[PDB]
*Asks:* 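Please find one structure pasted underneath; my questions will follow.
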Protein chains: 2
Amino acid sequence: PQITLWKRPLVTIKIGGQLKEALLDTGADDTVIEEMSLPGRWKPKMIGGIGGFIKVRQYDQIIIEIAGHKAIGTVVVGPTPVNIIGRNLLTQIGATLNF
Amino acid sequence: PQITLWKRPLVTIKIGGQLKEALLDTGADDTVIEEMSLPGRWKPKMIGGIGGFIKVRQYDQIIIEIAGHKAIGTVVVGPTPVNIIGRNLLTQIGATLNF
Ligand SMILES: CCC[C@@]1(CCc2ccccc2)CC(O)=C([C@H](CC)c2cccc(NS(=O)(=O)c3ccc(C(F)(F)F)cn3)c2)C(=O)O1
Ligand SMILES: [Cl-]
Ligand SMILES: [Cl-]
Ligand code: NA
């Protein structure tokens, strides 16, 4: 699809068999998800946003469907205003920014 | 142009007579610029992101040139770690996400 930006670019994602809403964010290096249970081990990470840094749990090789496109990659879990799909998975689904 | 997202989508902007680097951010409602002076009236605002909120100065009817395309709209100025072009100006230059 072609998504215009007059409204927030929110899509449906599926992770751990659950449907959730997430924001497509070309400004984010990483994919940040609200508190939930994921399988496997996690590693520590600090990420920066406009209001300062947060500590997150980094899970690698997680299966996630984004707007109907399959991705398998790193997701970080932490305090976030919204679920955010960042460039690490936007590249997996072939997304580009065009103008 | 067509911008892949393997790297951060940074472009040159012109604002207030100055050339700067800025991040094209489909996840940001607003355009947030690091501290600088702009002409005209402003009012205080709080904007929230990852990390929490920051206090900014809101200037309306500011013109920006973004990768050579002119746009006008509201710009907020404050202690952001990076200059961000948000949806309010991305729409004006016809930017879309495609996959
Ligand atoms: C995962 C971190 C993402 C990011 C990184 C910024 C950055 C980049 C390079 C280096 C350092 C830091 C980019 C980003 O879009 C925001 C947020 C949106 C998630 C952001 C950006 C700009 C302004 C706002 N505030 S707001 O009032 O315009 C706003 C508030 C909330 C939302 C909502 F959709 F997230 F809810 C969107 N916009 C927020 C952010 O806080 O940091
Ligand atoms: Cl505006
Ligand atoms: Cl349009
Ligand atoms: Na003004």
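Chain letters follow the order of the sequence lines: the first is A, the second B, and so on. What you see of chain A is 1-99, where the numbers are those given in the PDB entry. Using the numbering of the PDB entry, the residues shown for chain B are 1-99, in order. When the header is checked for method, it gives X-ray crystallography, 1.5 Å. Whatever order the structure lists ligands and atoms in, that order sets their numbers, starting from 1. What's counted below: heavy atoms across the whole structure, side chains too, no hydrogens, waters or symmetry copies.
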*Asks:* Which protein or nucleic acid chain has the most heavy atoms near ligand 1, under its name in the PDB entry?
*Replies:* HIV-1 protease
*Asks:* I keep wondering what the drug at ligand 1 is called.
*Replies:* tipranavir
*Asks:* Counting heavy atoms under 4.0 Å, which other chains neighbour tipranavir?
*Replies:*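 Within the heavy-atom cut-off of 4.0 Å: A, B.
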*Asks:* To which protein heavy atom is atom 38 (N) of tipranavir closest, and what is the distance rounded to 0.1 Å?
*Replies:*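 It is B:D29 N, 3.2 Å.
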*Asks:* Could you tell me whether A:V82 approaches tipranavir through its side chain, its backbone, both or neither, with non-hydrogen atoms closer than 4.0 Å?
*Replies:* side chain
*Asks:* Could you check atom 21 (C) of tipranavir against the protein and tell me its nearest heavy-atom contact, residue, atom and distance included?
*Replies:*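 Closest protein heavy atom to atom 21 (C) of tipranavir: B:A28 CB, 3.8 Å.
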*Asks:* Does B:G48 have a heavy atom less than 4.0 Å from any atom of tipranavir?
*Replies:* yes
*Asks:* State which organism the PDB entry lists for chain B.
*Replies:*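 The entry gives Human immunodeficiency virus 1.
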*Asks:* Using heavy atoms and a threshold below 4.0 Å, how should the contact between A:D30 and tipranavir be classified: side chain, backbone, both, or neither?
*Replies:*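 Under 4.0 Å from tipranavir, A:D30 contributes no heavy atoms.
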*Asks:* Distance to 0.1 Å, residue and atom name: give those for the protein heavy atom nearest to atom 18 (C) of tipranavir.
*Replies:* B:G27 O, 3.8 Å
*Asks:* Look at atom 31 (C) of tipranavir and find which of B:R87, B:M46, A:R8 reaches it with the closest heavy atom.
*Replies:*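 Of the listed residues, A:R8 has the closest heavy atom.
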*Asks:* Of the backbone atoms (N, CA, C, O) and the side-chain heavy atoms from C-beta on, which set of A:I84 has a member under 4.0 Å from an atom of tipranavir: side chain, backbone, both, or neither?
*Replies:* side chain
*Asks:* Please write down residue, atom name and distance for the protein heavy atom closest to atom 1 (C) of tipranavir.
*Replies:*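 The closest heavy atom on the protein side is B:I50 CG1, 3.7 Å.
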